[PDB]
Amino acid sequence: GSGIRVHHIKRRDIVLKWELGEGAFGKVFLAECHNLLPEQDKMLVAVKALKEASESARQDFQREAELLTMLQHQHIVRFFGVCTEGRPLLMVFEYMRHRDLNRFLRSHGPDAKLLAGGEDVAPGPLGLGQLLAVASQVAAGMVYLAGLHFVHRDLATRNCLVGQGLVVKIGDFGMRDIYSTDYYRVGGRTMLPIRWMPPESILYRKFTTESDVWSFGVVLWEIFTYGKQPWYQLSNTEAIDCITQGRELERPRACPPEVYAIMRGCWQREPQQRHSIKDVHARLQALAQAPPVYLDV
Ligand SMILES: C[C@H]1CNC(=O)c2cnn3ccc(nc23)N[C@H](C)c2cc(F)ccc2O1
């Protein structure tokens, strides 16, 4: 009965060009969409496609579509609508031409085996002001979602998308991507991105906006390491021991100590002793506006 209206889209207005990537829920394609919005008569979009189509997944899908349509903000990937008219089930978002933030970060890092193209940003390392631009944008999306008492349980650079002009949006809310080394399998269809998770979550399986503040800290770290795995030398086992024993990630080489300061604040053992997401953003927007000077050794 009652609910949020989700723009339905006619399958005929959706022409899949080619696969962009794959997940556990299903695949993502580049696609052309006709008469989606009056402004542009034909345009490029990302299209999520569901693998399996029972009434258990159609229930998920609907909630997901309802929730996606409610959460609309400057730093959250534009959702356009679904298409239910014949399997496969479809969700349509704006096309973000720099893909997920984790590969974008990796493509602009020193260890890059190729030099990254594009007309909107220089190959090789980014500017600090750029790094804080990225950091500030992700915080701004977290500030919104906290505002609505929404809890992201997999905040990580692999779930942010990067667009033309170095726009950074939150891209996926989990509710997806198959199985990397970031997730520890603790049971059938129960995997946790435990490296991003704070003590409260590992120890008491509690997750709050404060837990997200902790994991956003690990995202700053991802950003300032050009998308390295937290605790990459360690095992999921050894990581859990670190997190639970108060061992913290070392400041990155390319991280000013004023930024590391903000990280260290995200990583308080006591959730209530962690800075609010609003406060974290503030200090990031500020530093983005006036990047300090920093060198090496
Ligand atoms: C398959 C990958 C790659 N997606 C795109 O290149 C890609 C480019 N634009 N865009 C829009 C949504 C979208 N992907 C893309 N949604 C998917 C589920 C998504 C979201 C993320 F935060 C991260 C990755 C991701 O999907």
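Residues displayed in chain A correspond, in order, to the PDB entry positions 497-671, 673-794. Whatever order the structure lists ligands and atoms in, that order sets their numbers, starting from 1. These values consider heavy atoms only, across backbone and side chains, with no hydrogens, waters or symmetry-generated copies.
Given torasemide, bucindolol, repotrectinib, the drug or candidate at ligand 1 is repotrectinib. Going by contact count, the macromolecule most engaged with repotrectinib (ligand 1) is what the PDB entry calls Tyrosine-protein kinase receptor. The site surrounding repotrectinib (ligand 1), defined by heavy atoms under 4.0 Å, contains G517, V524, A542, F589, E590, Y591, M592, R595, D596, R654, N655, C656, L657, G667, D668, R673.
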